[PDB]
Participant: 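I'm sharing a structure that contains Taxol.
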Amino acid sequence: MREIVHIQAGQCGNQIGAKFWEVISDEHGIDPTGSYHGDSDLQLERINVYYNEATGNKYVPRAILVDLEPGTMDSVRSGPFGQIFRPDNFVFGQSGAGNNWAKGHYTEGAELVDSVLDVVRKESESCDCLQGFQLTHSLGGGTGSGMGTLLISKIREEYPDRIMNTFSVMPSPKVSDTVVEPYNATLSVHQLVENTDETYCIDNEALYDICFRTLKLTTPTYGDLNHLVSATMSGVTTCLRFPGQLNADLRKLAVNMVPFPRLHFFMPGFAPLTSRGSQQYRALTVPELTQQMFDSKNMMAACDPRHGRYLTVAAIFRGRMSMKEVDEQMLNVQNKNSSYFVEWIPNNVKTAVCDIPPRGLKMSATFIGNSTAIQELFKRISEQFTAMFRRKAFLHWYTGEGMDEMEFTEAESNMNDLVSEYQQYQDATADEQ
Amino acid sequence: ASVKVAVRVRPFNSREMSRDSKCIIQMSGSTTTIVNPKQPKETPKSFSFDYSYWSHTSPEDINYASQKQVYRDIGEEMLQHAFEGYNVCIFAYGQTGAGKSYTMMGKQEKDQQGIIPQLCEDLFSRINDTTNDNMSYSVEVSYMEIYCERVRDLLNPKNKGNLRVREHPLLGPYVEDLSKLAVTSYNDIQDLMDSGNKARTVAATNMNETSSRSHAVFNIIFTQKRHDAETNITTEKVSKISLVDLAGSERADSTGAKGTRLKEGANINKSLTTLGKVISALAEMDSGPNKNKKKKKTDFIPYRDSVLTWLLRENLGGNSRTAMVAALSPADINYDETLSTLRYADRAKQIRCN
Amino acid sequence: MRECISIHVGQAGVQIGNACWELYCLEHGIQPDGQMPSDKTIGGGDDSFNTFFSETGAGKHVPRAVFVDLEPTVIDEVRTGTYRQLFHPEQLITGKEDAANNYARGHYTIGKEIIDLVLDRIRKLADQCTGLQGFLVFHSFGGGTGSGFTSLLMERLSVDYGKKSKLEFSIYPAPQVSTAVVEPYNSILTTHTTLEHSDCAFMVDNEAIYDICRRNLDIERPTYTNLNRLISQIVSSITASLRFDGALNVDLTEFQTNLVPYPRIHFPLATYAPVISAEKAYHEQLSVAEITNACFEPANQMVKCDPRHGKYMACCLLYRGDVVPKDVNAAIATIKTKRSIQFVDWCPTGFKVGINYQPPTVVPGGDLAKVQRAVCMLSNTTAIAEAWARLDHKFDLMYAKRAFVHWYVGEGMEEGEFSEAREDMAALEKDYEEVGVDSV
Ligand SMILES: CC(=O)O[C@H]1C(=O)[C@@]2(C)[C@H]([C@H](OC(=O)c3ccccc3)[C@]3(O)C[C@H](OC(=O)[C@H](O)[C@@H](NC(=O)c4ccccc4)c4ccccc4)C(C)=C1C3(C)C)[C@]1(OC(C)=O)CO[C@@H]1C[C@@H]2O
Ligand SMILES: Nc1nc2c(ncn2[C@@H]2O[C@H](COP(=O)(O)OP(=O)(O)OP(=O)(O)O)[C@@H](O)[C@H]2O)c(=O)[nH]1
Ligand SMILES: Nc1nc2c(ncn2[C@@H]2O[C@H](COP(=O)(O)OP(=O)(O)O)[C@@H](O)[C@H]2O)c(=O)[nH]1
Ligand SMILES: [Mg+2]
């Protein structure tokens, strides 16, 4: 039994995790009270992947909620699915990080890390065969970055062989709500590239553009972005919970998408997306899904694939469909857009097909890209970093917590090195003399 | 950045001579060829290396690679490089009983010694000879072990905790709270090496009860100090000479134990693969500009894929000389281990034979 | 008497086994639950043919097979599907993770501690037997479970059952269609065990079967079920000589004697001629000559290779249904006069023939038309090297930079094994080239 432990630290991660549990409970037919009222027996075939059984037939999510402030915890508990969680797993403090990485990692998180790791150990011991971990956290700078990387470091030390997964919202240039984003982003990504095994980049600007252009919404809110991220998260772990003609377990992906250990930053996407106004005019089929899948506007990281080349791609289909159609469509995408794909790799489109589509769709698809452009997402942050590190703009708050200056330089150098390896393989040729 | 690879053959030991033990490795100038013992008559597989050394039989006047000849070939030139001011790295690789200690350390009688005693003795002698009233030399040493991608101290008798690794912006990678003791003569170095080799982590496996489980580094830092009279000493050049003991590559069938043994074997295999990749790309880079000239911008060496290649960043490239020694077991019983050793030795710019 | 053990490893082998056992139960009259009304109604005969089933006292029929896997998701479908009551509950499933498309994980990190149970179950099955003839291992290249566990299991069974034949049926990577990024590594690692231990390893390709489905069956969007049914028909045609009466029967030892000139060239292609839809079943005669000619058409081959770019060195035609030796001899005489079909100078006999009286059985809800006659052609030919050669090219482009190797070395493997496998495949290709050169 492949079962996963879920953690959620910070405000953004907690909100996304709440919507994720909403979506998962809807998929598996779990009421907010924790009881089953679904339709098909297949929902109970692999309920233990995310849930744990409780004596009165009930089901408790295998979730651990973390935050330094109590507001997000109260908001989640005072919510639609607030009562589904285990109260003993609500570990939190009473002093916020104040958008301070040093405060989250070194001073305030050091006191709580023992409690969160004790709860994580209790949850992990009960599992028959643990597969991996999940952790939702934004790189804004508060509880998320600091205590998330602390948790990843501790768990990687404790469980060196179980697959680690994270879902993160990168900073954006046009959408920003705090003044110290680049520092926290660089400091967090140092530990992420050191420790994690898969990280799925998410950008608020891309989600807003998807909302305005593809979904044609008028006044999007955070709920829609959490909905999209939840769709991606559910799509990634579809083959552990339902059967299909071709299974794509998390470790299969870990082998397939990652050529070298450090290039494990991925670009997510979902299809179909119709805007509730052009639903009648669209023909939902595998060729059309593939057309929407490899479109620049449909990716959530705010990067242009046309400004790079793909190292790897994974298309997790869900529904009843022919394998010839999928294979031919992936081959056509390879041949028609050959200039945007790496040459050394003979085939770089992993394929997965599941038998149980979403609740209200005949078929759906999840996209997991790995391309060079992603450099442009990191590169901009580095520029901003220099623009505030040339003068030590706000470092005196971090140094107060006991962080030396050199750590910033180390993290910046690691950023630059990671950018250099994505370009290493991105000019399209490599020969002549 | 030039890489020179050497492979050496050892004599039989007491156990091998006690049993019915043949010789299976043949060497001609620079080409080494193996022949299967349990399936003859197929085709002795052949490889080419930068140096092939025959110390098997005895001082056989005809083509017998003495220890001093290997020293003059590798260690003396790289010691000249170290004295010039640039960095140096030396690797030792091979399975248990393959005879890598016979080359690195050698016999204790100091008549047919290893690379390390000759290198240290010549270093101290040249330091003594040129020590005039102005030029001042300093030598310091340290010893660390890389175990499951964690650095541990071998000289300090504290509890075996994991030290931290940092990147100084100018001095490059380094290790925090690493013990560093000064030396004056080879006797202190020998005592430190004995204590460190006693302190290292080993475990019993299905091939040897005291098989290595971790990589090791003996770093020696050499500092020059000019003493012109004007107003300054001008530290001038700081040259590092590093010695690396590499654990043997492992297959799960040989080490079938579950738990810590499998994890250790996997980490050793990953680290060795990354090290070979880095050395191969380094050799290609050295060959190109030397002959080709295409500054090829800088391409990119994956220097951050492991801790062993990360700590030795300043010695493995930029401007320095690298070398490696692979010991071969001549017995047929260890044919697979020897074949794996040659297969690893094929790295660092494989060349053409026949 | 005449008994074979059918082992299925991985998702591909398990699903082909589902199709195979569906077809066998349909052929023999055994209902899914495993009961057989024919014996109790008649009280005579031997409809419980021992080649695939064992009969208990109560009248049930347990198939002779073990369905090994590492993901519960596939075997649990069988354990709760239509045929839940057919099999022994000893399905040999591993309560752990998958091979993750890693040969090492299948071989010697996760495969261990479960191979003992698989071998013990095979020991019990063979001890129940009295006239065991061979094994039928179903797997597929390109997968960690397939390659690794088939290699380990074949090694153990060769050490334990070295005197018994071991047939293999496998799916090879297509020239362009592929559903994973590490298929060449897995196939190359499978080379060094499929060659030495298996006595005759059969090959199929998905792209060729898709083309067959499109051109003949007129299915524009086929899925894996049709491919599995075609493979099941091929295996049934191969094995029919051991069960039903026939004028010219062929045993497995006869197959190995006729199709294998030298030990290292036991890798023939297989094909089925009358793969025709019901709509086009009319407007045609489907005589012996027509099906025999259709067998040698390049379009009808199930591996993407050109027969015209080589020379046949062995051919074995297994006919089923209303056939007589006169028509077969006439068809072979017709084929021998064609210039395109070129035969080696050292095989003057050329063709082997067998005939059986049992026609093909139509699976309900399938796509193959009812036909009075059918033929399965096995062909040892030199063209297959091309299907190998392209794959090596893929491997080369993936090994000049050590991409994805660290996942394999992190599970107990060295980078020299890749070179060992590459040289073994090169030796196989050179031997195949050597065989076809005309003598003087
Ligand atoms: C015409 C019809 O059938 O109604 C659809 C619908 O109109 C559309 C527009 C839906 C609709 O989605 C949105 O409008 C939307 C807006 C912002 C962010 C996300 C979604 C729908 O809301 C979403 C909803 O989707 C689901 O039920 C999926 O299962 C989805 N979400 C949930 O199950 C869910 C559960 C609890 C609470 C909220 C949502 C899902 C997708 C992947 C993995 C798991 C779940 C459906 C059927 C519709 C509506 C209701 C209008 C779409 O749904 C998705 C995300 O697949 C958006 O584009 C698709 C295409 C559909 O045609
Ligand atoms: N003909 C046919 N081929 C299949 C089928 N299912 C999977 N395949 C092929 O099998 C290949 C994967 O190799 P497998 O050995 O089957 O993978 P697996 O059985 O799931 O084993 P793991 O990789 O360990 O999960 C894919 O490239 C598919 O093309 C099937 O049902 N029919
Ligand atoms: N998608 C999403 N992003 C959010 C939400 N709230 C805040 N953010 C992003 O997160 C960043 C702030 O990080 P935050 O979560 O507040 O840090 P925390 O104090 O650890 O919780 C901002 O730059 C926002 O872009 C939300 O509800 N949804
Ligand atoms: Mg599988």
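Numbered from 1 within each chain, the chains take letters A, B, ... in sequence-line order. For the numbers below, each heavy atom of this structure counts, side chains included, while hydrogens, waters and symmetry mates do not. Numbering of ligands and ligand atoms starts at 1, following listing order.
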Participant: Which entities in the file belong to Taxol, all copies counted?
Facilitator: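 For Taxol, that's ligand 1.
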Participant: Tell me which macromolecule has the most close contacts with Taxol, using the naming in the PDB entry.
Facilitator: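 Most heavy-atom pairs belong to Tubulin beta-2B chain.
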Participant: Which other chains have a heavy atom within 4.0 Å (strictly less) of Taxol?
Facilitator: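 Under 4.0 Å by non-hydrogen atoms: A.
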Participant: Show the binding site of Taxol at 4.0 Å, heavy-atom contacts only.
Facilitator: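 By heavy-atom distance, that gives A:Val23, A:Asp26, A:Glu27, A:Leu215, A:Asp224, A:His227, A:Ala231, A:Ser234, A:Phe270, A:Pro272, A:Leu273, A:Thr274, A:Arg276, A:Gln279, A:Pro358, A:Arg359, A:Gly360, A:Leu361.
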Participant: Which residue and non-hydrogen atom of the protein lie closest to atom 29 (O) of Taxol, and at what distance in Å?
Facilitator: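 Checked against all protein heavy atoms, atom 29 (O) of Taxol sits closest to A:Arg359 N, 3.6 Å.
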Participant: Starting from atom 16 (C) of Taxol, find the nearest protein heavy-atom neighbour and note its residue, name and distance.
Facilitator: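 Protein heavy atom with the smallest distance to atom 16 (C) of Taxol: A:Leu215 CD2, 3.8 Å.
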Participant: As an exercise, identify every atom of Taxol less than 4.0 angstrom from a heavy atom of A:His227.
Facilitator: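 Counting from 1, the qualifying ligand atoms are 18 (C), 19 (C), 20 (C), 31 (N), 38 (C), 39 (C).
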Participant: Among all protein heavy atoms, pick the one closest to atom 27 (O) of Taxol and tell me residue, atom and distance.
Facilitator: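 Answer for atom 27 (O) of Taxol: A:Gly360 N, 4.3 Å.
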Participant: Please list the nearest protein heavy atom to atom 25 (O) of Taxol with its residue and the distance rounded to 0.1 Å.
Facilitator: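 Protein heavy atom with the smallest distance to atom 25 (O) of Taxol: A:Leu361 CD1, 4.7 Å.
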Participant: Where is the nearest protein heavy atom to atom 14 (O) of Taxol: which residue, which atom, and how far?
Facilitator: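 Checked against all protein heavy atoms, atom 14 (O) of Taxol sits closest to A:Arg276 CD, 4.1 Å.
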Participant: Which atoms of Taxol have any heavy atom of A:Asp224 under 4.0 Å away?
Facilitator: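 So the answer, numbered in order with elements, is 17 (C), 18 (C).
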Participant: In Taxol, which numbered atoms sit nearer than 4.0 Å to a non-hydrogen atom of A:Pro272?
Facilitator: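 That gives atoms 58 (O), 59 (C) of Taxol.
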Participant: Among all protein heavy atoms, pick the one closest to atom 61 (C) of Taxol and tell me residue, atom and distance.
Facilitator: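 For atom 61 (C) of Taxol, the nearest protein heavy atom is A:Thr274 OG1, 3.7 Å.
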Participant: Which residue supplies the protein heavy atom nearest to atom 55 (C) of Taxol, what is that atom called, and how far is it?
Facilitator: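 Going atom by atom, the protein heavy atom closest to atom 55 (C) of Taxol ends up being A:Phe270 CE2, 4.1 Å.
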Participant: Give the residue and atom name of whichever protein heavy atom lies nearest to atom 7 (O) of Taxol, and the separation in Å to one decimal.
Facilitator: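 So the nearest neighbour among protein heavy atoms is A:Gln279 OE1, 4.3 Å.
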Participant: Would A:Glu27 count as being in polar contact with Taxol, using the rule that some N or O on each side must be under 3.5 angstrom apart?
Facilitator: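 No, no N or O pair falls under 3.5 Å.
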